[PDB]
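Naming convention: chains lettered A, B, ... in sequence-line order (proteins, then strands); numbering from 1 in each chain. Indexing begins at 1, ligand by ligand and atom by atom, following the structure's order. The analysis underlying the following values was restricted to heavy atoms, covering all of them including side chains, and did not include hydrogens, waters or symmetry mates.
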Amino acid sequence: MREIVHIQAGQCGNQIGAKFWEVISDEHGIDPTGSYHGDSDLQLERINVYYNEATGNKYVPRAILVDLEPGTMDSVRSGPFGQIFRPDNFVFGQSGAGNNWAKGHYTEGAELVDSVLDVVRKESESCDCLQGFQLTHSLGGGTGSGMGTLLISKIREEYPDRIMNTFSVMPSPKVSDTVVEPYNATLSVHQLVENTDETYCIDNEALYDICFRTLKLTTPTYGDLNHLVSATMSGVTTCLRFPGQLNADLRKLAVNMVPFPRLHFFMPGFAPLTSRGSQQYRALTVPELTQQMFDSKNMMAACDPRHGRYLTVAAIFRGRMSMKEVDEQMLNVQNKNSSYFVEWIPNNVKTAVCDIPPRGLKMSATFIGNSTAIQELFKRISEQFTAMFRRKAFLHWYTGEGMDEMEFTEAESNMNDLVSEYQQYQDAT
Amino acid sequence: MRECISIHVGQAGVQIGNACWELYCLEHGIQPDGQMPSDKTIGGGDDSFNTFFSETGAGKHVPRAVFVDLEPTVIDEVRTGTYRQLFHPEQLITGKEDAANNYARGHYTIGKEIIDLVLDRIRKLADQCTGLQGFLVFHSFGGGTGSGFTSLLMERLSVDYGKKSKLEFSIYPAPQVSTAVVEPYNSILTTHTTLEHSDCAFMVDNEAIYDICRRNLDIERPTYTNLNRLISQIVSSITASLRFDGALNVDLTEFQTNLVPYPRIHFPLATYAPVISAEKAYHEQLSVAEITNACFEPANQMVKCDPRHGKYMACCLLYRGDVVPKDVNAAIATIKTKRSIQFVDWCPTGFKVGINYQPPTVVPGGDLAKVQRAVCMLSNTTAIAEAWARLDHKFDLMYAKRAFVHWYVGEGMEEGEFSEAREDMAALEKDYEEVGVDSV
Amino acid sequence: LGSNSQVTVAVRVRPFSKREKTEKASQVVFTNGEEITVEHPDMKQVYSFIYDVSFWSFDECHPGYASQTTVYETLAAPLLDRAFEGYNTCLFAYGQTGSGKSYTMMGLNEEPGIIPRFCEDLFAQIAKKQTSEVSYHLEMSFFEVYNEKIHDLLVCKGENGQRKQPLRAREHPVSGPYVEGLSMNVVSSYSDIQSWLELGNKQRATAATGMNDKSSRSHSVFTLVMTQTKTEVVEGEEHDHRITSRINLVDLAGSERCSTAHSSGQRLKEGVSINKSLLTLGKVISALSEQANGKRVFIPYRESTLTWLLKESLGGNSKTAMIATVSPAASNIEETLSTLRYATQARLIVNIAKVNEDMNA
Ligand SMILES: CC(=O)O[C@H]1C(=O)[C@@]2(C)[C@H]([C@H](OC(=O)c3ccccc3)[C@]3(O)C[C@H](OC(=O)[C@H](O)[C@@H](NC(=O)c4ccccc4)c4ccccc4)C(C)=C1C3(C)C)[C@]1(OC(C)=O)CO[C@@H]1C[C@@H]2O
Ligand SMILES: Nc1nc2c(ncn2[C@@H]2O[C@H](COP(=O)(O)OP(=O)(O)OP(=O)(O)O)[C@@H](O)[C@H]2O)c(=O)[nH]1
Ligand SMILES: Nc1nc2c(ncn2[C@@H]2O[C@H](COP(=O)(O)OP(=O)(O)O)[C@@H](O)[C@H]2O)c(=O)[nH]1
Ligand SMILES: Nc1ncnc2c1ncn2[C@@H]1O[C@H](COP(=O)(O)OP(=O)(O)O)[C@@H](O)[C@H]1O
Ligand SMILES: [Mg+2]
Ligand SMILES: [Mg+2]
């Protein structure tokens, strides 16, 4: 069957992974110790999309962590859902990259990528078939960006015909999660545009605004941001793990959302989000979801879609529902806001449906969107890059660890060319 | 013992097949367990007819259906549902590597690993035949399996068998509604490949059936169960004369004749008029003069193409129930005297007829009503060209920037093939234009 | 950003093949002079195409028989002349498997193409200018693309079951893209150039297919960097002026319909890899043709490595020739039409070739 191989490169990847496991398990019924404790049968049928069997109806996860520092691994081990992992998949080191891509792609990562790829081989060759990988990393660092990009490169050199989907976090515009962001982000985009099949863009400010505006949370921890991110990671694979009327694997979304290869950077979204008090006043029907999904607030990409045009959009629903409603609603959404879509893609929407909904919502959904509004996110990075490269503000720490000055100009040119590729269609022809 | 072989390819095919075999089972009394309490109850009988079903010494009647697919999310609902003790376990699921909604994967790369098994199964279901009559594919344009696997299968079956009917059902893509943004490519390609090998292709369109279910049965929130039940009633109406006693019986070789004039123009449209709930089951007489005049209404077709934008070219009307052959002739006559229904000057007849005595069944907890008589009309008309042109225009808007072509190329497809399919499908539009110019 | 220029295009028909004679194939191509015409066998429609140059090799007896010693003096000689004038030059092929695009450039041992004649005219024309005022220097390179991976052709592999060193590309800020680890060897006499080309032809990947028994399943590029140091008016030491030039000769591969030319395994994979490379270059030509019409258009070179290492040749600073090899077969009719279509779409490209000299004084 189809089998996803998870990887967690860095602190953000590890936290999102833990929350996602703590999301998929309560969906399939697995407990922290590894045993099955459920009510239905459709859970154990397609459990091999993420899990493996050990001995006694125990179910261990197919997660492969990596982190140059030792703290996050111990945090994930001593946590609630830590006794279920495979301890030999913990592949860490010491002396972290130090917010330096150079110290996470050439010098330190070169010593441990071999071990991580050994675990990847061991876990993949066990599988009957293979549908792709699923990484989680955060631009703005050296472990995540560097190590994950190197791993994507080596996998796509080894296993090319599969999907190296990754739910990358991008840096926020206003606040700076780290000082030297544009170098690492531009280099990661240089090493991702040409070595991927799909990719998702998450931003922290959009999630803060989602937490403050819809969910009405005044003190959101990182766990809430992550709990708002594992949702769509479930929604993507809901049509593999569960049955439905209209199925859609990752490859179907890839064929239908990436018209040209480089333009695979997307905007995710969840549908039914509301406060613990304003849930008894809202109607849990389909058009409320469809207008809560296309709004410029739910999108985690920190880029308003109204400033561009949706090249493609994809909607994975989960619930007992009527397909007439979904199809007619997408048609009228295309007809109303026609200027925010294209004309040379006649139908610019993909639908997909499951039948086994989430743990407590009778009707859930998930949204993906390729729009030209994401060129702003890279325009910003390139402007910062020029401002900090025109007189070499922080560059000497990258050269000393084995790099040169030409890779930077290469990454800048590629990012700008991609911005131009999106801007060619941002303008009505 | 004359036999027809059903083949179902994809999610839509399997769902229509489930809805079809539910209807067959509730008709003959043959049950999910394969056992029929009709031969061993009164003292004899042939109720489970061996044209679509089979027989085993233990009373188990295994049907004649492969239910092909390349994703186990669908067939496992059969294998772990109600109708698991009925079919043959050789359902030919792959379990691996869905086509991802391209034609090149389900014709070159993943299809070739699976087609030989399906052909062997068809041969094994056709060697115990003392002379079959034809095949029936249930494929869906707007996919990888329905577009590519059907092409490969009708290409291989035009080599081994050859002189046998290879009819098909097809979910025609709606012009506005669609659940895929890569469907026109596959549609034109399949119409390039499933043209010189097939005989007739009955088309349907989910939008028109949504509209009629809204307008007549008063459902505002329909799902594909109710759609597939209508299509199941249609495929029962077109497969009853072999399966039941009648007066003016139609065989499967008679669709190729009275409906496919030219060897390429074989894209007709189905219609089933008495779609009325139990509430409207009363207040209506439901005679032939009402039915046959409803089947020709533009707002009761199954494709979203207005018949008034073109001339009718052929029609096959197949009835069920208490039909006395004078209301049928009178209905055809008063339909001929109308100025809207416009025929061409080389087919004045255009009114094939078929009658049968067994009324239609009804599924419990369903949507339709118990009507003593039913009708199913299949029309070959010249309006379809417009719809084709729409898809063709889409092909010209998306191919002119080489969109999505790497995906089809990555599975070995050769862009020249796309241009060839385009030029082939344009000549068919020119043919639909030729068959409207009246004789000099 | 100097002088304007236009892309040269030339067409070449091959004679019948064995597979075509066995199948009783007709002649669906004819010349009305300098033009080209195609008649579909069913007699439903005609097409005509006009180019700057046309050739003919259907039979040795017709008039206007353009042979190997003719296509050179019609197409390649201007490239060498403009190279001596300073400009850069490219000549690249296009066509279908079996069309004759590794016969017009490389040739046979008794029917040389452009490559074994270009670098001979070079030396026949340099001997007339071997005086002490202009001193020449020539470096060569010969590289290959296979399964979207770069490889070097003139390198002695170590003894092992698999030794084909993968290499990488890199973008230079000023000049343009280029290859790393490139064996930019030196050449002084034809006796070395012929030997290097022999080693290359041996190392280039080959296999048998239905449409060609000796099919080349890789994209080959042959680069010559020429530099002439010259003396001019100066206040001190002489020999300070320098004129540089690059000469690229590019042999591409064919679409290779995987059904007719039946094959499975590695051959199918490199054929689809070859297909993707051919699929981006048509997009690039369609995007560069729309530059002259006045529309804003993106020119994607990065979707394939061949276009990535040939940005300077399509656009950039290089006078470029396109040799389109076609077939007269009636079965291979749509692919020939596609080749001619891309040719007439490639004529409209306008590039800016500038004399490139660094005084260094
Ligand atoms: C009656 C009812 O509606 O209870 C809801 C509820 O009130 C709300 C607040 C739930 C609640 O969601 C949150 O509290 C929340 C907090 C921060 C960030 C994001 C969410 C809920 O926690 C979420 C939870 O839903 C789930 O459990 C889903 O399965 C969700 N599960 C988890 O993520 C999860 C994580 C850790 C442990 C257990 C479950 C999920 C979503 C997608 C895919 C898989 C699982 C349920 C029923 C509710 C509560 C509990 C209040 C909502 O959940 C989601 C993911 O949308 C928020 O909006 C929906 C519906 C309601 O607004
Ligand atoms: N009538 C009807 N049509 C359906 C049904 N389910 C899906 N479809 C149609 O199927 C099309 C896309 O799915 P398919 O073409 O069937 O895809 P497939 O044949 O399952 O092949 P895959 O790509 O592997 O999914 C859509 O355009 C739908 O209109 C159904 O239950 N009934
Ligand atoms: N969105 C999100 N971001 C996080 C989370 N946890 C940490 N981060 C951010 O991730 C950024 C990068 O950290 P990281 O690259 O892992 O540090 P490293 O270990 O030195 O490589 C930090 O600046 C944090 O602010 C999380 O749960 N969600
Ligand atoms: N002008 C020509 N005259 C005679 N034979 C030719 C001519 N052009 C090509 N051929 C024949 O065609 C073949 C060359 O095709 P080729 O270019 O090698 O295919 P590909 O480029 O697809 O590898 C050779 O076998 C050669 O004999
Ligand atoms: Mg499917
Ligand atoms: Mg060749």
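- Bound to ligand 1 with the most contacts here is the chain that the PDB entry lists as Tubulin beta-2B chain.
- PDB records name the drug found at ligand 1 as Taxol.
- By chain letter, the other chains having a heavy atom closer than 4.0 Å to Taxol are A.
- The authors modeled no covalent bond from Taxol to a chain.
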